[PDB]
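The model below depicts Integrase holding raltegravir.
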Amino acid sequence: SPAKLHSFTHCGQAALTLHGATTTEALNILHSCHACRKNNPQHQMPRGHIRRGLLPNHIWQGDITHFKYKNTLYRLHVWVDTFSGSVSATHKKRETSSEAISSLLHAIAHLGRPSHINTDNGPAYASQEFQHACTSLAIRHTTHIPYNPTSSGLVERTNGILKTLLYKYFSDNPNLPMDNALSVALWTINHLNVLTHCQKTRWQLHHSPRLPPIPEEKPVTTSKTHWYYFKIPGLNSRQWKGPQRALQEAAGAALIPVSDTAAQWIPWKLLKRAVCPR
Amino acid sequence: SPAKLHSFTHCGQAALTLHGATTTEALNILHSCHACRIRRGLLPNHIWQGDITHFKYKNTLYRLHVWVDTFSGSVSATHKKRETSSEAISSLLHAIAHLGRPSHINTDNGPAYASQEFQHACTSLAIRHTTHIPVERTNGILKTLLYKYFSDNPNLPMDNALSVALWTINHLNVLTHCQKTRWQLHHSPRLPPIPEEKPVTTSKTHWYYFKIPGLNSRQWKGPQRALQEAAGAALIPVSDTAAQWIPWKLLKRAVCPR
Amino acid sequence: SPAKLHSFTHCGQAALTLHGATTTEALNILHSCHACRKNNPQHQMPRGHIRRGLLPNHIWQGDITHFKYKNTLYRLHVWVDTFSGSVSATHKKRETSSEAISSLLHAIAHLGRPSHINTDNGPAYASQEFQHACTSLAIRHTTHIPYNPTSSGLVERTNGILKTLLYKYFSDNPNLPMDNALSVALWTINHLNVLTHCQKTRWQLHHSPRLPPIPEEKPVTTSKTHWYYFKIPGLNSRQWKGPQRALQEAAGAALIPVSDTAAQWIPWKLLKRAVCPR
Amino acid sequence: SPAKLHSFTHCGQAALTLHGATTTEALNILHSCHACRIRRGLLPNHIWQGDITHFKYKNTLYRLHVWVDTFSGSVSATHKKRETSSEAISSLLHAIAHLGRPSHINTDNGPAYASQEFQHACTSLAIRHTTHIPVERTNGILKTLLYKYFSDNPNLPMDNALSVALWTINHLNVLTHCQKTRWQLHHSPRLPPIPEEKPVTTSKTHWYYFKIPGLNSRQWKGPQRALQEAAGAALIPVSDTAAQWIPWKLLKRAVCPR
Amino acid sequence: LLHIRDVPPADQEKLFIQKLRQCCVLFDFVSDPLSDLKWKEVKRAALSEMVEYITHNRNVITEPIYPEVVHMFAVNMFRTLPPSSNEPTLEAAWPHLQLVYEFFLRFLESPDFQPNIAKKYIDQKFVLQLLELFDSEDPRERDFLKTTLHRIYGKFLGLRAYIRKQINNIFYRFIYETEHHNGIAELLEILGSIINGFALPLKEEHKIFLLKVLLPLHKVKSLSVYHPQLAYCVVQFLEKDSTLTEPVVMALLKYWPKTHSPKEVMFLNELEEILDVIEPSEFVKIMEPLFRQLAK
Amino acid sequence: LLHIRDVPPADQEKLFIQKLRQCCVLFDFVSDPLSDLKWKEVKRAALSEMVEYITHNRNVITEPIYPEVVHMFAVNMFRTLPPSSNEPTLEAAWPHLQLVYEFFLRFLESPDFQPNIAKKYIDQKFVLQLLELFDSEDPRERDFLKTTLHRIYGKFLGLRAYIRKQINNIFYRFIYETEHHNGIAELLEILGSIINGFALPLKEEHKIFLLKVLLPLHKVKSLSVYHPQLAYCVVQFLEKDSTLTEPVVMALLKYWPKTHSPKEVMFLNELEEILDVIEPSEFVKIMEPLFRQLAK
DNA sequence: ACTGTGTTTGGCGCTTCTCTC
DNA sequence: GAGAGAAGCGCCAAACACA
DNA sequence: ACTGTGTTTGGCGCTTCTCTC
DNA sequence: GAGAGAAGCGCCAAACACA
Ligand SMILES: Cc1nnc(C(=O)NC(C)(C)c2nc(C(=O)NCc3ccc(F)cc3)c(O)c(=O)n2C)o1
Ligand SMILES: Cc1nnc(C(=O)NC(C)(C)c2nc(C(=O)NCc3ccc(F)cc3)c(O)c(=O)n2C)o1
Ligand SMILES: [Mg+2]
Ligand SMILES: [Mg+2]
Ligand SMILES: [Mg+2]
Ligand SMILES: [Mg+2]
Ligand SMILES: [Zn+2]
Ligand SMILES: [Zn+2]
Ligand SMILES: [Zn+2]
Ligand SMILES: [Zn+2]
């Protein structure tokens, strides 16, 4: 019996076929097996993409990066415009809510006033001080899923680009002052370098004629939900957990009840399709 | 809300009218606020003026290195606790990082801007430097704005006030004559040259294969044109009714079907 | 001047073009810049592939894997035939030269006598005892480049497959004895599971008619050598080192003189093409 | 070197002659060595015989669980310090892991092989178990081989000797009648059935696009046939003069050009 | 009515035409601040919706849409100028004016726009009615008119010399007949855009242009408002050929006011730029008289 | 001569034919152990090189290669048998014998081999000369002959009934005329391979085969050597149809030796397998006489 | 000599089969 | 009666982990 | 709302240009 | 004289790292 053979040995589809079974029956035996699906690290789920603004100064991404220079650790606060890619970076001695506000205001003076900003839930971004500063300027601030740095991909990539340019500059003049290098790198990135795919600079996109209006949006999502095996983003696990039913699923993540009391948001990269127990 | 915008920035009336405020409401906000009661250059980033200003505090002094474009009035200012040639270079570099590379710069004669270090800095960027011995209106505007901001809140870290002041006079206030903002006048793309005996054809955007995000599809659904391009996405009409911003990773450059 | 502009700002090709330069000149400016190439983490070099036997029992790959079970750490010695993929695995209490020899002899009894065997330079494989045991059986033993686990890809992948099956079995019977599970998994892998691409089992390949003789080999390699930026496999580095000239380059690695006294073997994945200083 | 092979394994003469040794040299090695001086089943893995043997040591005892196929004489033995039903199950599982799944097994009546646990183990694998109350030649061969190995080196960990003995009697020694080795007789693929009124066509290997390893190429150089297939590579004739084993990652399944 | 994007495509163009004709109705903002508030609001919504529609769809421009769109423009803009008043005042109808300007600008930049279809719907009378609007004291109107005239000149080929002659005539009238004009700064910018696209050798008509209507433009009392643009234009002309610069400096030295005045400094500024170009090619033919005039 | 892979492909086939004819020379190993050592060594090298060549190239088999290859086989194998001697001895010419066997086996399995070209070069005389070699006392020769005859029977279609009649004749001669035969174990394996490929309904010729030459094969004194294979064959026959098993057991009970002998147990073994198949389908027609005969 | 690899998986194209106007 | 749904089956690129 | 992304790089196909029989 | 090398130029998938 293919069912008994798989229950004893957990052999694959081609093994079950030769002992007598059609491809569909062996395939259903594999699909209905909980042990196989909890322990196979493979899964096939869609990819998510960060939310991008409809026009300049609509959505921004911010992050803090460490840089080592002259036995001193500098904290670079970086803001990137999700439409044009324009970068504002400031170097500070430490990470603090006051420094976050100062860097945001410097970015506003450099680029403009953004409608929304989103950052990972860092200690200096969830403070009451930062929320009050954003609210006084009518800036709506949202946060990401914890322990998922890929949800801020654009700003992290910009951190890499900025640090690479800084290393290139310091390779020539080890005695070059930090602010000189940062200013030259910012000028190079925004005014000199050309974006790979649109063949235009960041500054050209940022000050392009705003004549094209904002395209309309739609808040309608899928009205159905499924069962999911899952892994918690914070702690990596060898085998999946669940399965459990999703309260609601957005484009890029879902609500999974992790325990009997609290639910949580999990991205599609840590979810695996299950089968309905009924 | 224009009332909060004025109470935080103390900008002009044209700034309020550009927002939801109306002329009479803007005038009312003006007279209800207790605190508020030539172009020698030819092109943007052609000639700059560099000045050093002293900011007076109750128990300390600040040095403001200010560079102003002589076509748009665009202001780039940095605050320092001292003054030397290297700091002049740093301020010039920051001004370039905000505005761009000037062609010529102009300034007074002094310990800074005349040393060999500043000359070396200017020569490396191919900027011609001219010196003279004797605009002051931009300095006055900045001084009044900083004084108003400090009067509103004496407990400021002397950095946010400067950033807000630059934002106000660059992006919010409107130049009276041209009725434009300094930022928009400075960074407005100029009229392209018109070739003679040759029609000015319209640039044609390329064609792409695309895939719908969030579907885990693997077959590219036909080639289409792009309405707009930006950093990280392109506006692709998915159907004859709506359009969507598709990321580059889900796009593939194609050839026109002809 | 494009040369001066790049020397100051290290801008890209499209930036250098607009200040006046043909694509070739800007491309050569970028190629001839040392700072750009030492600091860009990107490189384009060929891929290597482990050496595979010409017929069954010609080349084997071995490795040790840890497994956790009943608060006990078991050491699985795994041997894989590079032609057929046949697996021999034995579970021991510790890793020792005696255990290595015993596992090798068990594998010989299970599968046959191999011509050559290669393993990573583990503590129990480089011992005099293991070399004497191999020499008494006319087995030629070679080792891999240190700190490069990908050079033993087949055996590491087999470790993953074996552990996945073990977890599937223990998911049902937590009280199942270890040797029972290992024997069932070995039977499933060699006799039941089917290889993905050749559509045959490992045992079918291992005992297939040996009528096809060994194809001839050629020891001729490339007679030319180049300059290379490099990174040391043991210690990861942000930026490249060098460049230096290769003493000789085989198919998959090269000799790079790391210091003034000692040279070393570096795989193609940690090398970057340079330009001749003369 | 056949002399070293005998001095380590003490195999038969046909084993030496299969290697570089000659008949007279093999006989000389035989008489120079001081220590050396029916089929009831129908198919391989059809009927097995299970025996338990006691190995005598100077100060301890060993239990050998031995399973022998009744068509090829293939031997699978495990050494234990005790004996019970679970150990019988373990030995049967190891024998299956080396030889395969038998159809029927045969053994004596005793505390093991008759308990409910062993019956449950056999039923889960669909193996029919029959019991009788009274081959012993295989036991004798194994006993002599172990004694010779221990005489050669008294300091053996009682595991390598058993592994070497199994290797010798399975892969090295040659059965006298059929002049084959036990391993080759056991694992030799059998003659496929010949369908009636239907020609036995030759199986056709598929066609592949391929790339040359070590070149960082990106264009697949035409479709070709495969001479041989194995785990991890396929024999592809790169030119009309030589052939090379190309890995699967550099291969792409194709369709015959017709 | 109904939203244009919520109807079948078979009659969508008909609804677009209906909304286009719905903007033909005029509204007076200067007569009284409060009159037909909801009519103005729905007109603003219709303009915004139409311009949002036009820039997100392709193959919507067809022959039966070409003429009356211009008609709508002619209905909204071609009108009598407000009385002159000499900070400048802003037009009270600026909301709808900005919407129609931005709509027309995006319409003219549509990739599906064909330049061979407007040759029978946009003619010299449209050019005159558009150019006469440059006298407006509203800087927004002048900026939009600059960015509109530039594209019209660039796209069309049979209407270039006519615009050049018309701007020569307006320069003559401004410099000789009537001094009252304020759309002079943007016109020079458009001219500089045209001049930069010249080829070699230069046509003698351009020499007449500079020697008749460009250099004399310096003797106007109101040069201070538009000093830089004019200067830019001459720098965009003499760079093509350095041989034809001697008449420029000869006339420049003659238009210099012999008396002391604040207006002198601007002249010096211009000379500096000319100097920065005239030093090479061994141009010392007029160096001595230039120095003699500068000394006084 | 020269290596086959080191010549241009234009004349490579010619060199292959030359090496093929180079193996037509015979060498005697039984006459004296040492004679023409280097000739034998180069013959071994040539055989190894040719077989290594044939299995790594495609489109090398062509009509002018088809006949004489068989000729070479006929030159090396079709010969008088060594005198009978009743451990068995091994042929002294086994090295070259194994090389030529493996060469022919790989040649017959080449994917470029065409079964419609050997119909004029391999005929019944080749079949007889190949089958007569099954009498050899060398087990290696018998194993190779089994694996060769199986493929020849499988590939060809017009030579099947002839082989069946020939094996029936050899069974008759072995069971009645001369008892001296030792190639009986492998012949039954080939038969079982053929039987397993039968269809439904069974032909009456196969019934004649079993009732005339298969069941009587039990009354031979030398059944002990080939007891299992024969048994396998009948299990491969009665599984197709359980109705035709009664004659099998009826004859099996008659061939049972009525006296006590060690040979009895094998008979019982066969019955067990038949029992394991005969219990279903309510087969108790001959259960009582079978039990009566088993009791005695 | 030095050198990454084999299995899982939802989606797709393609073939075979069944219920409906 | 017959072409459209529906089930069946084989193939595959991207992800994954092997200390 | 929740959600990965932008730049570097040897090889390739394709176009323009120059030295040789 | 003219077609074959040779330089030029644009495009791209795989790798890489951002705590
Ligand atoms: C809750 C909570 N508390 N701590 C965490 C946490 O897990 N975050 C770690 C990784 C320190 C972290 N990481 C990054 C980051 O950028 N990672 C580098 C990267 C970027 C992209 C890519 F694809 C892979 C890696 C941040 O920006 C950051 O703020 N944090 C806190 O979650
Ligand atoms: C010298 C020297 N001393 N210690 C090292 C050393 O760097 N080796 C580490 C990683 C512990 C190691 N690793 C693996 C292994 O398999 N890694 C898992 C893996 C496999 C494949 C793949 F692609 C990525 C990761 C081994 O087998 C092993 O023996 N060692 C010692 O070098
Ligand atoms: Mg962060
Ligand atoms: Mg980060
Ligand atoms: Mg290891
Ligand atoms: Mg490992
Ligand atoms: Zn399972
Ligand atoms: Zn105020
Ligand atoms: Zn560089
Ligand atoms: Zn011996």
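A note on names: the letters A, B, ... follow the listed sequences, proteins ahead of strands, and every chain is numbered from 1. Heads up, header says this was done by electron microscopy, 3.1 Å. Both counts, for ligands and for their atoms, begin at 1 and track the order of listing.
Across the structure, raltegravir can be traced to ligands 1 and 2. By chain letter, the other chains having a heavy atom closer than 4.0 Å to raltegravir (ligand 2) are C, G, H. For raltegravir (ligand 2), the heavy-atom contacts closer than 4.0 Å come from C/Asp63, C/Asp120, C/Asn121, C/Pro146, C/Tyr147, C/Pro149, C/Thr150, C/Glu156, G/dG4, H/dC18, H/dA19. Organism for chain C, as given in the entry: Simian T-lymphotropic virus 1.
Covalent attachment: none from raltegravir (ligand 2) to a chain. Near raltegravir (ligand 2) (under 4.0 Å), the structure shows the other ligands and ions ligand 5 (magnesium ion), ligand 6 (magnesium ion).
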